[PDB]
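Here, carfilzomib (bound form) is shown bound to Proteasome subunit beta type-5.
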Amino acid sequence: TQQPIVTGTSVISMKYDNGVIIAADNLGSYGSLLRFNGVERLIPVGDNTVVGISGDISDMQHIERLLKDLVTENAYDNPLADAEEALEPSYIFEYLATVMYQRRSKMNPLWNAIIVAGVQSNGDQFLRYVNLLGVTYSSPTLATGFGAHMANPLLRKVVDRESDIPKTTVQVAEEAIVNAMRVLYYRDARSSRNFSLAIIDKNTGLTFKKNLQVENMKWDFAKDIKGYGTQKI
Amino acid sequence: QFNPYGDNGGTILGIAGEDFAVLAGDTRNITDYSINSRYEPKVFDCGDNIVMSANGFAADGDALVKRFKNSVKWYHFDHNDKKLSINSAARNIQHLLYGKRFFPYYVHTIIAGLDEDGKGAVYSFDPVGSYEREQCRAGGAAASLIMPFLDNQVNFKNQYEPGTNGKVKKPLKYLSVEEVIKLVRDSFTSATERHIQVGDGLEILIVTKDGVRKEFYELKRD
Amino acid sequence: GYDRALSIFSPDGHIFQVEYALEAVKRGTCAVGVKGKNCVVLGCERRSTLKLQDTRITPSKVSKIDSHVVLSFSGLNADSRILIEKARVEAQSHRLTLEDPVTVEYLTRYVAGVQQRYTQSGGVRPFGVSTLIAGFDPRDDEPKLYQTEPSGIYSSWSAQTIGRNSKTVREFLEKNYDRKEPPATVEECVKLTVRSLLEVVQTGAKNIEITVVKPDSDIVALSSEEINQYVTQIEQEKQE
Amino acid sequence: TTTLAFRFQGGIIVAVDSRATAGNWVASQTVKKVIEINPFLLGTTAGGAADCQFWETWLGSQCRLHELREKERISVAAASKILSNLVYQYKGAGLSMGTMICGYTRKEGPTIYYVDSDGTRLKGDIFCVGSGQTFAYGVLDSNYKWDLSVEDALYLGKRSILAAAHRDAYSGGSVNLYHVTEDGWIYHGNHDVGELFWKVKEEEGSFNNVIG
Amino acid sequence: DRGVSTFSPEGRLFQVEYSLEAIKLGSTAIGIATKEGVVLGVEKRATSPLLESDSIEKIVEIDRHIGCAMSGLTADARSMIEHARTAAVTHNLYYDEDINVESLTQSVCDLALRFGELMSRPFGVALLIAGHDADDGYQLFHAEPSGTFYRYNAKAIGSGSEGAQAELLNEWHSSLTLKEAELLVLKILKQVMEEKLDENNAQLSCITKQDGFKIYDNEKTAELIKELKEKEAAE
Amino acid sequence: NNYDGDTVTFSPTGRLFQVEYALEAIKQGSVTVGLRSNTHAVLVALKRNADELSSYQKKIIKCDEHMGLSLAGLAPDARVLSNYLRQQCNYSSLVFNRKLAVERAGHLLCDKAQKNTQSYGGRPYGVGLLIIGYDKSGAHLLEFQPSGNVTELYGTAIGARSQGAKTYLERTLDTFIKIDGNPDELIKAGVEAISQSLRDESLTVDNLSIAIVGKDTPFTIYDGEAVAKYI
Amino acid sequence: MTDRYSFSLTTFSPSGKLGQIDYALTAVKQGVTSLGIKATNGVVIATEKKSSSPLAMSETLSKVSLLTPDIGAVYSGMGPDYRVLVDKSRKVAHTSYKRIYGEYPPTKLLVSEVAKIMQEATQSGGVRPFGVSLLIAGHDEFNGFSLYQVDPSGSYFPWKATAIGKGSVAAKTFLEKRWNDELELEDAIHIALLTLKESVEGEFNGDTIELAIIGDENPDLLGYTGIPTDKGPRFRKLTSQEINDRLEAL
Amino acid sequence: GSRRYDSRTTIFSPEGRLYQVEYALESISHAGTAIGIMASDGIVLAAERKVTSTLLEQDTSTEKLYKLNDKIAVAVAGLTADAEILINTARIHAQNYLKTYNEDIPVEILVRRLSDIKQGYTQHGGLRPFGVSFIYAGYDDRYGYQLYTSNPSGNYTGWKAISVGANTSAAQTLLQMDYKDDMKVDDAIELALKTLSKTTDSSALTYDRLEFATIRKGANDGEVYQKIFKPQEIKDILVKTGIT
Ligand SMILES: *[C@@](C)(CO)[C@](*)(O)[C@H](CC(C)C)NC(=O)[C@H](Cc1ccccc1)NC(=O)[C@H](CC(C)C)NC(=O)[C@H](CCc1ccccc1)NC(=O)CN1CCOCC1
Ligand SMILES: [Mg+2]
């Protein structure tokens, strides 16, 4: 039995024609206090997988160490560690999914929602979700927390089903992700303006973008809004 | 306080014919009022002409299917590649479920296939392992909507022979695979209309002596 | 814990520790079991190098396992107490769960199983004891007589003897006991048992113990004078 | 559930309904609530479905092991006590079982044992167990005599379940009849309440509360 | 002394090889498999005439479809039979079916090498496990204390094993009837036994799909013994 | 002599005699052959019987859909080690959704056998194994020895008179390695290889045992009338 | 790994001897002479400080040890074995007595606990017997003054006066001539120094001799005041100077 | 491994004897003689101390005779340290029985349990047996006055008069000669001392080389009293019988 202390908010993601995109803001909230601002919640594993984590940050750091250790363990007695026997996104996910469900079964969960985004060795896009309960699911778009409520609707307008994936380019897909992050900054009280974004492409590989900011915001209309009903001044 | 269970919604349906059996289930996965996936399959081919679904709490459902699939694998290793009969699978699943009697798998399990005489078989389980062979069973969120319809259309309940003064019952007969799939599709479209957790897509797994075939149909996405 | 495998096989296929446990039985005082038509009688030798004994309090050779079953033995006396205690506990445990007292075969099978377990368990030596278990099954009038030994094998006997000079008394019983017609009465059965012990014992004074078991938990031990009457009768008929 | 079994001149009658519920939801109308442990032993099941079925199938395995080891069929007393000692170990853990171990042996004769999940074990001539036990008792007690014929005893057992199936909301479906003799148990058919009620109403002239 | 689980220079476990010598001292047991059933027969060998021979239990039921005969230190077989019975019943509980004869034999043979410094020494008894299942039909297995088991069409174990096995080599064919097999066991037992064969010092049994495992009465075996003697004198 | 009482003792020349005696049990065992191409890997095993009335001891065991081995020596020890491999293959599947590499399979067996050679009370395994498999880096063949030493090879053979088959494969190396996309020809080469270890006896229908795994071929074992093709 | 020696290393020989105990007693025989004498108003225990090297500081090595405030101990045999026994003896006085009864154990019972420890080293698995004989002098309210010997077997005997180790045979004879039931404590100390001079070969002074007494209570050595019932330890170790004072009037 | 150094204390000889038990009995045969004599109105326990030294404290000493409870006592022959281990166990066992049943433990039950402990050391555990033989002297309301003996084998037997330790063969012959069933305590006291006086390896039997005890009903009305004799009381009883 736990309660989460230092927490990370939404992680959002989607598939596009050649790969996957995933994003998450750089905030570590302490209740209503926006305590830590330099927190990286996207953690790359190799050059073909990115694990995005929301929820308790102490448990996130534990999971970082596990993934870091997984890379080390895989390299042991493995001449093809950087080739055929490298870590796949599906291997990394199944490992985490096993841990998450084992921990919930011992009534001592890792208080997180996790999205494993990556590209397999055969070029196939990988995007799957797992949380503190060990619940797993996959979809063309995936999001956690407020992202599930606000981002998914916007991302599903681009990729509503499987057949829309080949029709979606990396430019269009990233534009939708960046737009979603802005909407979350408008509407999520535990979000920040600063965020990180990662693209895993089957051709161009892993592109990790840090220190992005929400921009092109609409605030000007606020000056016209006065009172709560009858006020004119 | 931490709650180890959750409700992933969805609904499943098993019907048995003379020389076949179907196990259907919608592909929608949910939590509360949010959709997690419009296509997340929960009906699985487990080998030996056995199809299985464990609807309810998906994490427990996946765990169970995973364990049974593994049970089938070890049954081959320990007993000279012998085929696991549907009745033997059912009893094995009871012990899997009852093994966690005091921390249950929150799922309604249904398996389908052919018995040792080659006839269609559907077994259904409660969360802690009580099981029963039936011609017909619906499970999950919309089970209460679908099941009485199945009683009426599959087992011909409350249907009497016209003009016999309610004295002669409508005679029981096996349904064709074509007629069964019609009932499955109509059951799921009806359930989709009146149950919020049911929709998106329908995936049916048909089991004959030839093997396991699949069919997919769209459902309303609202 | 002490793990050493003490009972092990030898090149010729023998477990010497079990076989040496049989030598301890061969050293022990003679014990005999004879079953009649409606009874079983357990006879036991007591060596007469021990005078100044207190026969009131000295452990008796025949032990009641339950009200309907008895156990005598030959070999190490200290070892026999452990088997008797275990058997008595199992007798009460059986009544508790099955709601019925043990059969003589079941009780023998249990005791024999305990003896066997000590022949292939680490850190222990075999029991230097062979037992004669006798009695009547619940609601049954057919007499039962079984034998066990250190190896763990057990079997039923019409009549049997164990201990020192048992091969002499077994020779006696083999020609004197008729399968077609066993001792019809209690007197006949006791006499044959006493006769058989008189081939080996020495004197028929305070050397022979006799215990008679009859159906429906009817067990009684004979006194010195009662036994002495059989000894006096047999010797007078012998001089012929 | 409604289950009963009573002892009489011609052996033992055992009768059960076939309904299973999850709250007010009628989950099944075709459940087998008599478990055939061997040709001479029967067990009834009321309460938690899984608990009864799992532990009574297990009981059958323990009874099979007994006759292998002892070269003799287990007594009804010993069989019932294996089950009662088992549930007693789980006392407080939340098992829900109301069962009756019915059978014949040479030493005992026809015997019925009531066994439940809080450890109670009772030998007796008449028992009714389940949510509709009281309804079954009402009809059974008021018509019971030791000198009933096999035909009349079978009917009374059937009629008693029907009575409970009618009044008790959590009982119904169909009636399963068994008759236990010195030669073993004999199955006397599945009787759907749907047809049995109207058949009984018309022939017997009973159930005047219902609109005919 | 020396370790219990020690290898000899030839590459064999000393204790396993010594336990095999103990089995050679044991009473004879013979098994013959046919398409109509499997027959199991044993030499009782009472150590004295006062011993009631019917209490000598060297043929044993494991389940309705599996039977077992033993030879060697027969006391060691009790825990093996107990395990076999539990394994058989347990599998029926878990899978609502009869357990394969081979799978049962494998379960028994897993105990064999669970000794060392687990139990203190290997078993000093060999088993002939006979049974029937739907897949592989009528089967006969020879389970040793080495942990190894061979399937056999016919097999003899015990003191007269090598002489009996050579006889079974000539006599066995794939079209043997059950009645022919019964007589063949009695014939070969009478040849290797020390004392003269009769219904009291020898025991027969069989396993058939229809009637399951059955130990024969002394009355039934006596007639088969009489039938056997007449047939040998008839030519 | 004085240094062969247990596995925990070194001889004066640095030898472990109990391990060497375990190695001797393999030499007494029936011959078995392993070989591979780039697409497929094949196990061929000569089964042994007690007599004409007995069955033929099964030499080949399946570990997973993509991996299995053949045995030579103590069969129960092969059952223990194969069971361990089945579990390790299975652990890799359930936890990582990943088919166990044949190389890791060898590393795991090596480490399991080693622990039994350094501790008092226990004994070395008395069996040699030939593991074949097809994983993400193609076809593989391993040779396990109970000393702990595992070796990846193109082809090999263990058991009695295994030197004949091992010499043949050493000559045939350049031929059979390039038998790609042709199962029956790779088996033929293996059957001809094991034939170089035969004396007085020949390959019959219930004597020969063959197994194969490859690119689009799950690990499957052939016995009885299914191997009549290759005689 | 793990302690596989779960069996006795001390066993009966055909003649009925327990070899390891006999051999342990032989080790005690080789050991340096120590002695104890019981007076009417006290007890004295004494021994020679055999120095391993002249560079070694013999003050750091204490052959005579305080067990409780009213009980002291000295030995002959293997020094290391003695050191750990003193540690265990001190602890057992607390765990099995003082923490239960709120007072220190009487001499006989503490001796009994030490004897038990030494007996277990004679029968328990994978251990040898202790290679020491102890002399334990002490006082308690209901038994008065007492002196005990404890052997490797675990056997203990009460003594009026005795000696153990190298020259014990001659020393015991010397004590038989001098001992009477009217000896005062100072007379017992004098006899102890005379007896010990016979066995000592080299230097004989306060620096080479270790000597302690169980006598009157010492309020000055208590360390605090305010509780009338607490009057201070009866055990006192004689200083190097205090010994030399008595060696002049010898 | 450690197998090399294992004596194997719990095994049989080819003749079917327990080596260690036999060798433990050989050890006990060199111990100071202890005699028990049971009379109709009490029991006597007499024991000879092992070669005493003149500087041994005699009054505050206990070597041979120990008290188990108010109704039962034992005489020891063998290793004293071993005996004390067993005595404390026996004292605890008696108190467990009293706590459980609110009744003093019957003599045989205490003897059996102590003898069962000895048996265990001969059958399992790989440890050496206790080199001790007891003479149990006690009273209960079932059998009255009782004498038992136990030895390292764990075998126990009841007696009217018995000796353990050294010179039992000679001692038992003398007891068998002069003992009779209608004997009194005061007569038994005299027999015990006379027997030791003849069987002793010492020159002359004196008070300082003896331990003595009686269990009489000599207290006031239907109750048992244990008397462990003081040095001066032994000196007086030795003069009263005319040995010194
Ligand atoms: C009469 C009919 C009254 O109960 C009888 O007593 C029968 C006896 C027969 C079935 C052997 N008893 C029941 O029908 C019994 C009543 C009951 C319910 C719950 C606890 C105790 C007793 N019903 C069951 O046991 C049902 C049988 C199903 C329908 C096949 N099972 C459940 O209700 C299950 C498991 C209950 C459970 C026990 C212990 C731990 C956890 C769960 N529960 C569900 O299926 C829950 N629910 C059903 C509705 O859909 C959402 C999930
Ligand atoms: Mg809907």
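Residue numbers start from 1 in every chain, and the chains themselves are labelled A, B, ... in the order their sequence lines are given, proteins ahead of strands. Counting convention: from 1, in listed order, for ligands and their atoms alike. What you see below is based on every heavy atom in this structure, not just the backbone, and it leaves out hydrogens, waters and symmetry mates. Contacts here are counted within a displayed part of the entry, not across the full deposit.
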Original post:
Which parts of this structure should be attributed to carfilzomib (bound form)?
Top reply: ligand 1
Original post:
Which other chains sit close to carfilzomib (bound form), with any heavy atom less than 4.0 Å away?
Top reply: B, D
Original post:
Under 4.0 Å from carfilzomib (bound form), which other ligands or ions appear?
Top reply: none
**OP:** Pick out the nearest UniProt active-site residue of chain D relative to carfilzomib (bound form) and quote the non-hydrogen distance to 1 Å.
**Re:** D:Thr1, 1 Å
Original post:
Which bortezomib-binding residues annotated in UniProt for chain D have heavy atoms under 4.0 Å from carfilzomib (bound form)?
Top reply: D:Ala49
Original post:
Where does the model put a covalent connection between carfilzomib (bound form) and the polymer, residue and atom please?
Top reply: D:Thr1 OG1
Original post:
Under what name does the entry list chain B?
Top reply: Proteasome subunit beta type-6
**OP:** Tabulate residues with any non-hydrogen atom nearer than 4.0 Å to carfilzomib (bound form).
**Re:** B:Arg101, B:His108, B:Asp126, B:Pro127, B:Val128, D:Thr1, D:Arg19, D:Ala20, D:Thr21, D:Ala22, D:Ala27, D:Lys33, D:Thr45, D:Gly47, D:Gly48, D:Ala49, D:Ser131, D:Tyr170
